[PDB]
Amino acid sequence: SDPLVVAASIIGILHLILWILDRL
Amino acid sequence: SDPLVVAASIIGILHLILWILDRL
Amino acid sequence: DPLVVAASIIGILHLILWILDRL
Amino acid sequence: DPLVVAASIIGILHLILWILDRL
Ligand SMILES: C[C@@H](N)[C@]12C[C@H]3C[C@H](C[C@H](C3)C1)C2
Ligand SMILES: [Cl-]
């Protein structure tokens, strides 16, 4: 319910996805 | 209200900004 | 909240992968 | 939530390491 925590959550998922794609 | 969780949220957003700027 | 919990697990995985990537 | 707290600690470490790796 903290918009900062929910947003950082979504963004942290986004970040790891981008890292894996660049690693593959 | 947990400063640890709030700070890591802020930091995780900054980290993705830095990652994308290195990518761009 | 399962999104926060999911991001938590994912962030832990990310640092492990990044560390191994530089190891 | 100890999981979210653990992942908060790790996320802060992660960026510390990432910046030092670039310096
Ligand atoms: C970005 C990631 N380290 C997160 C971001 C937010 C704060 C912390 C838990 C969860 C949501 C994941 C740490
Ligand atoms: Cl990287």
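The sequence lines are lettered as chains in the order written, beginning with A. So for chain A, numbering is the PDB entry's, and the shown residues are 23-46, in order. Going by the PDB entry, the residues shown for chain B are 23-46, listed in order. Numbers in chain C track the PDB entry; the residues on display, in order, are 24-46. The numbers used for chain D are those of the PDB entry, and the residues that appear cover 24-46, in sequence. Ligands are counted one by one from 1 in listed order, and the atoms in each one are counted from 1 as well. Hydrogens, waters and symmetry mates play no part in the numbers below; they use all other heavy atoms, side chains included.
- The drug at ligand 1, chosen from rimantadine, anagrelide, piperazine, pilocarpine, sevoflurane, is rimantadine.
- Structurally, the main neighbour of rimantadine (ligand 1) is the chain that the PDB entry identifies as Matrix protein 2.
- Other chains reaching under 4.0 Å from rimantadine (ligand 1) with at least one heavy atom: A, B, C, D.
- Applying a heavy-atom cut-off of 4.0 Å to rimantadine (ligand 1) picks out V27(A), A30(A), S31(A), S31(B), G34(B), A30(C), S31(C), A30(D), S31(D), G34(D).
- Closer than 4.0 Å to atom 4 (C) of rimantadine (ligand 1) lies none of the heavy atoms of the protein.
- Near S31(D), meaning under 4.0 Å from any of its heavy atoms, are these atoms of rimantadine (ligand 1): 8 (C).
- The single protein non-hydrogen atom nearest to atom 13 (C) of rimantadine (ligand 1) is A30(D) O, 4.0 Å, given as residue, atom name and distance.
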